Participant: 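Attached: Ryanodine receptor 1 with dantrolene bound.
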Amino acid sequence: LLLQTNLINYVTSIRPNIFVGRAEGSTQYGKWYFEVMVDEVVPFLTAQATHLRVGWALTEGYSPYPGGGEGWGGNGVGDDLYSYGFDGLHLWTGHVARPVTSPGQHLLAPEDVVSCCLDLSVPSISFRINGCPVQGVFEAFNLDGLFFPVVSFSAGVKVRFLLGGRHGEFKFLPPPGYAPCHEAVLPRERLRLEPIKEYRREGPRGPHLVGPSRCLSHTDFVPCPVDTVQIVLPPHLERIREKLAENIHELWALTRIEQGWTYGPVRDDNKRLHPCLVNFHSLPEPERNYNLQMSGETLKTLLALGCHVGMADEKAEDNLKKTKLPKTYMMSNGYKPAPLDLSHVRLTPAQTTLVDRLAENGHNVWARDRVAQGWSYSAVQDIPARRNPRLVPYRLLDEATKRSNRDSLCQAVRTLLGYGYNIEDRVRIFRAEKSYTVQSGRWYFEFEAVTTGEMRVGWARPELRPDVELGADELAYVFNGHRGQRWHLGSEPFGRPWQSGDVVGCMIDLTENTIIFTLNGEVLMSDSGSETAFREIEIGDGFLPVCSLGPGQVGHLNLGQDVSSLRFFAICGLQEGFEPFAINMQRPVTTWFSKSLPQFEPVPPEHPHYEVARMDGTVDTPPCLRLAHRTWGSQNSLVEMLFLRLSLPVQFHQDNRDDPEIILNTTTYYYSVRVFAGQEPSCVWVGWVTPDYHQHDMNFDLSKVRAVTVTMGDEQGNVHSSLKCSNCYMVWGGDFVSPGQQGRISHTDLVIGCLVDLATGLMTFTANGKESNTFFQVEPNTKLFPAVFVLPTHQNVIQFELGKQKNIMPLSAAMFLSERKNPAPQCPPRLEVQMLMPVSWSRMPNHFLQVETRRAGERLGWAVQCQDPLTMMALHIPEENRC
Amino acid sequence: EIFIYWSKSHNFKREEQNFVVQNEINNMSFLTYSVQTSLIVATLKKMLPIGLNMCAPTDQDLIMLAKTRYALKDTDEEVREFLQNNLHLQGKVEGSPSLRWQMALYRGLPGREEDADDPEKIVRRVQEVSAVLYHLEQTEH
Amino acid sequence: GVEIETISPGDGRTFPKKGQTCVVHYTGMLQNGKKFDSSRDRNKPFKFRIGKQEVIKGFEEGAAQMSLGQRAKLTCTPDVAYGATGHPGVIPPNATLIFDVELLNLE
Ligand SMILES: O=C1CN(/N=C\c2ccc(-c3ccc([N+](=O)[O-])cc3)o2)C(=O)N1
């Protein structure tokens, strides 16, 4: 009942830039393997404990912000269920730790080597400490995103990443078929140790602020070309099918003999006898057909894309010959390339624009057949393993490799042209604490622009909203610099854009209500003559400095506190009279940023669209909570996520007349949900949620739910416990409609009832009095919130019913201790409807881990260490397991 | 000086307005009824920070005193004499919190601080800026 | 009873004997995750004797089977700990206790 408080630690995470995933193909070793070696660990450097876990994580949901979080704060690999870790004797997933059996279980003591293995064929993660296997694995976790190694630590540990050799030497032999994590390096980028989803980075002259990162999806490695299935290949194009083939064949043969290739039986550069030096009609059968289909696809790309070609000339083609070649092209057996004349024609700039698209398509088609055969990308080239470092489809390939594909495509296009035939996470908003609102005087703060992009700086009202971009409402006066604009309610241009480094001096003046923005020493001018950005501003509650860095953008806010540090203060602003926003402050101004973590908040009483009404229970109906869409006519309509503001914990196991001897001793509890007629049941989900549900999806379904399975067994198989962990237990409303009724709009309301047994953890659902065949099992000490996910298609959408059944102890008996044995439905004012909000404000810690987790690429692996302690005073809310 | 010569005479303003309307000079393209677009006024507005820089923030206390003295159609000589008669009213560096960083900025980055002691130069550098600030007020009003 | 586990190994041959002062650093918590009392926040160890209990009896069983620095997780059941009388403002009547104990005794 009372808000708790305690002293907790600061926990961070460090990951390498290695991402793996499961998709249609092109990124599939199926298995990966890496190790973490512990050098030294102080167990009790501080009062609470020392935190150190290793494991894997997901790139779409794992985002531990420093400070509070789920439970008692200090979130690392483990909590939030998007990561799977192992401390030294526990398998951390979801939020609860499950002990595991090991030969000599102990915490991560110094000189300990823990090896984690990831398998994507069957989704499973396994760990091995000091060679001995750990009798516990994860299973059946959804592969929506990419997987990367991660280690979580807090103030006192020192570990090393032994990835794959040449980036950290191994200590134990990996299981067969497992890559040593040193592939998938994405040769456009190098290897690094970086934090996960940071919003503040130390810089040369202060803390830089960082916007959302540009993360990679798991559907990026799969190559998809344009559709060329329906290509007629008319006779004029069909005739030039082989005619083009040997031209590229001989040109590639001479490009191969550039390094000195010769005709022979076995391909080895040291042996120098790769068979590649015959004519097209004399090529070996295996690759012949592949060459024909590639040469044809070269034409099918043009045909499918458009650019209707035509036979401009034929007489010139009949007289074209083969250019002379020196004796260097001659090789011992006797082969000689026959390159067609190429200088007789020149491609127009349109052809130079369109040639690279054909190379883009060709590389995708080339990769497609390779992944169809069973080839996957690998940093280390291995021909017997059916790999080479070129399966990245187009967009993440090194520019050194990119030139060969477009060279070959350009030669093919110029061969066609020579033979006649002419050819035709949204925004990270930074702010200041609301106690710094200014209602008098003149102020001046700067904002360096390290990178050029969508970044906005200005003055905003203290009641600024985080889910709306700056300038869309009357609560902000910012200056966009990507193109040059002033944003109060529109996008009127206000000068010139920035460059790589451009301090913007924003000054407000509340004496005559003006706002002026300056570039590096120059006052910005609007279109005609204004010399000021905004005038006659109605001063109300106050103004605060603001910043709106976009995705992949870095800025630097200098409010003040150091007049000498202000680069362009003396030039413009000082003489007119402008006190910097922080002058007589011995402590830096605390900033507040919009944290993109969806949390549940009560429905506002003045919501534009949704409305919740409480109705008392009559003699026939129980107390109810109705939801109505008050603007169903011509307004917004989108999915929404709701649950009731109170939970119910599961106890530890270690006519219509109700008779007392069963109702007063039962442990079942009931609540029902009624779907009004007209709202499609296929868009309604009814069930329960754990206090760690943070999915604000727009295409939600039962297949996008988070799930995992932890299996415990002895030292060979014989599993004992198989617990299924999730954060959403509901049943789709589209499974309770008869096939005959499906196909139109019905007129009978659908009622779904959910029963929870707090003594055995059994979960059942009934629809219209009919028991369903789906059930769930939960664990002791589990908090569940009655949740309904609905997509509105009506102005009468959904209605919660705190009903009752035959001695089933209505729901208002477990959430309240006073009414423990009261068999009467109730709805106290504390029990309300809470909706899911996309983003919310948050506080930036005054002092982060100032040691910055000192890491370096040492010879014996990548070492990361933390040394200084850090503590904060948490505030735990009991009903919702937050901190 | 040219600005105050223009201000303390009606014929100068009349002739400038007549010249502008007769030649139809834009008077806005140079700076990239139409008093706010006047050439002299814009030039003085651009050059005013030069004059403000040479004045110490301590002279801000005597700025209003000089303005009040000039409010009675006073001359430069009598204003300078009156200022020198009570040149001890400036200062209050320790009496206010907003003056500490101003003095620090004045002392730190620039070069020589006017030899740090020149009673004769103080009134000379205060009178001109006070007259300019006074004459600038009527243009906006 | 007690369900003593292992977190950090000790010596295995220096078990406490009768009439000896045991020095421990312990952190207590109920069987729901809410910590109720700890000794490290007070920056002082806890001293108690065998045969002069002055402590809950389950804590005594847990500290009995330790060896010079063995970190353990003791689980104390009702009728082994404070029991039905509970503690005003402190552990509720029917609840079990989990202690993270470290026997750093120097004799
Ligand atoms: O990936 C391989 C495969 N291979 N050897 C097998 C062959 C046979 C013909 C080609 C071949 C390569 C490139 C182009 N081109 O540039 O249009 C056209 C044909 O490869 C080899 O040495 N690298």
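Each sequence line gets a chain letter, starting at A and going down the list. Sequence positions for chain A are given in the PDB entry numbering; the residues included correspond to 631-1054, 1070-1299, 1419-1647, in order. Following the PDB entry, chain B residues are numbered 3440-3471, 3503-3611, in order. We number chain C the way the PDB entry does; in order, the residues shown are 1-107. Computation of the quantities below employed the complete heavy-atom set of this structure, encompassing side-chain atoms and omitting hydrogens, waters and symmetry-equivalent molecules. Order of appearance sets the numbers: ligands from 1, and atoms from 1 within every ligand. This depiction is restricted to one part of the PDB entry, and every contact reported falls within that part.
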Participant: List the other chains that have a heavy atom under 4.0 Å from dantrolene.
Facilitator: A
Participant: I'm trying to map the binding site of dantrolene - which residues have a heavy atom under 4.0 Å from it?
Facilitator: A/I878, A/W882, A/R897, A/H904, A/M924, A/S1038
